[PDB]
Student: 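Dumping the structure here so I can ask a few things about it.
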Amino acid sequence: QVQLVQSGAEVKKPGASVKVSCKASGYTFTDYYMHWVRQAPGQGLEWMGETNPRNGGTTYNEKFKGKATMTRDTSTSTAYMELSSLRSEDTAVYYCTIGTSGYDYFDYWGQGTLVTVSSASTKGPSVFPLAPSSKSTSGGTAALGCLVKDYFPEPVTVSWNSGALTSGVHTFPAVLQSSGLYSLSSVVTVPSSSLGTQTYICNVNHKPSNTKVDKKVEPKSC
Amino acid sequence: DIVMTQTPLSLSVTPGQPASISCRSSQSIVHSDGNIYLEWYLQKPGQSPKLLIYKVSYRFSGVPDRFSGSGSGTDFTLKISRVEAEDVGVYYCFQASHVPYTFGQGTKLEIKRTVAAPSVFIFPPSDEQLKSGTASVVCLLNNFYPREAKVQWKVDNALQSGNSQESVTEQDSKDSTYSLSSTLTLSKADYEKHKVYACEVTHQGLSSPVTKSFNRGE
Ligand SMILES: Cn1c(CNc2ccc(C(=N)N)cc2)nc2cc(C(=O)N(CCC(=O)O)c3ccccn3)ccc21
């Protein structure tokens, strides 16, 4: 029931500032310290600091002090982490986490906010169906999918039939095109016998532009 | 800061095998209260980390029986009694005894399952994309093992170069396999120059390569 609701994604120019939110639900906000954790390529996982939900003070990891400003809003039960004068090295996933048994462990985490530091404009994707046909069958099985092409920046999340289809689902890591834009694909193996009764919809979410796309993948008569 | 060093960086074990991961702290991690706040977290790609072990040896609630932890002074070990497909990901050790709290660099766990040949599927460009002036052909290699699988795009048997992108999944947490998506993208004008579009698949589990193809316009 405890949920930490995060911003998802943020795109910012270098030198700009970003305020990452973490909305607390399913518990009394003032009961637990809020933590911020960075996951960046190379540096990896790093604890940034803990914010006291009572006095509102933060105990920082010296490395992030000044650079990151960690606050706690009791009127909206939201904790915030503000990164000032963004540089390309700041591109990372930012997690908010809490511990429910004193200072023993981090049992609850947010989904993470992917902050991209870039001068380039946000670009929503194209969503093309990868229709099942005679060319995509393997002994009673039919493969189908969605090609999520030409977006910027990361991430894109994909689900099938609003999360109801997960068995045999493969969402591929994004590839970086020669244009600087990203592309990914998401596939599912389903019975070939049920192509005439089931509807398969890929639910595409380009987090940085908040573009939600529900694309029906209809069978091909080829 | 306390440096947390994990060994090995990559662990590969066969199904039915135990798994051990070492975590070395560059300094003592005894909190002022006398306890050691050493934790273990499992992270799957594009998922938040999940708590396994806390305070060196205590198994977190809801964590499977097979997981356990130990260690003394600066030496710490994460143990899996028998690896399950659901165990793949990156294991991180973490100290919360001294500020700033620090994580290990992580250990990637891989299941060395029985060789599995890929099932090959091909998708011609959709009718929708063709209206845009671009044509993408997709070749899918599904549920194979090991991850080393080669894709060769052929247009009328002429080996293609410079216009394709591919991506491999993380190891599957149900059957310990990998899947690979390869996309050949050409302008509509370049697409309409060739007839036989084929992806030739080479893999350890395939005695001879698998070629999936279609004729453009068929
Ligand atoms: C340093 N610090 C943190 C930071 N969180 C943290 C989480 C996880 C981890 C970790 N991963 N090991 C490491 C640190 N939480 C703390 C809880 C207490 C505490 O005992 N109480 C009880 C007293 C009361 O009922 O108020 C408490 C509870 C809520 C608010 C204030 N005080 C003391 C000190 C604490």
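Chain A corresponds to the first sequence line; subsequent lines are lettered B, C, and so forth. Following the PDB entry, chain A shows residues 1-222, kept in their order. Numbers in chain B come straight from the PDB entry, and the residues shown are 1-218, in order. As a basis for the values below, the full set of heavy atoms in this structure was taken, side chains included, without hydrogen atoms, waters or symmetry mates. Start at 1 and go down the list; that is how both ligands and their atoms are numbered.
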Student: Which partner chain accounts for the most atom contacts with ligand 1, named as in the PDB entry?
Tutor: aDabi-Fab2a heavy chain
Student: Quick one: do you know the drug at ligand 1?
Tutor: dabigatran
Student: List the other chains with a heavy atom under 4.0 Å from dabigatran.
Tutor: A, B
Student: Record the part of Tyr54(B) in heavy-atom contact with dabigatran below 4.0 Å; permitted values are side chain, backbone, both and neither.
Tutor: neither
Student: Does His35(A), backbone or side chain, put an N or O under 3.5 Å from an N or O of dabigatran?
Tutor: yes
Student: Taking heavy atoms and a distance under 4.0 Å, where does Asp31(A) meet dabigatran: side chain, backbone, both or neither?
Tutor: backbone
Student: Counting only nitrogen or oxygen atoms and a 3.5 angstrom limit, does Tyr103(A) reach dabigatran?
Tutor: yes
Student: For dabigatran, which atoms have a heavy atom of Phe94(B) less than 4.0 angstrom away?
Tutor: 11 (N)
Student: Any idea which part of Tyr32(A) is under 4.0 Å from dabigatran, heavy-atom wise: side chain, backbone, both or neither?
Tutor: neither
Student: Does atom 20 (O) of dabigatran have a protein heavy-atom neighbour under 4.0 Å away?
Tutor: no
Student: What does this entry list chain B as?
Tutor: aDabi-Fab2a light chain
Student: Which is it for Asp104(A) and dabigatran at heavy atoms under 4.0 Å: side chain, backbone, both or neither?
Tutor: backbone
Student: Within 4.0 Å of dabigatran, heavy atoms only, which residues of other chains turn up?
Tutor: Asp31(A), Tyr33(A), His35(A), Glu50(A), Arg54(A), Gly102(A), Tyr103(A), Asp104(A), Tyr105(A), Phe106(A), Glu39(B), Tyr41(B), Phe94(B), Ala96(B), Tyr101(B)
Student: Could you check dabigatran for N or O atoms lying under 3.5 Å from protein N or O atoms and list the pairs with distances?
Tutor:
from, atom 1, to, atom 2, distance (Å)
dabigatran, 5 (N), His35(A), NE2, 2.9
dabigatran, 11 (N), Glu39(B), OE1, 2.7
dabigatran, 12 (N), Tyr103(A), O, 2.7
dabigatran, 12 (N), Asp104(A), O, 3.4
dabigatran, 12 (N), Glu39(B), OE2, 2.8
dabigatran, 26 (O), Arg54(A), NH1, 3.1

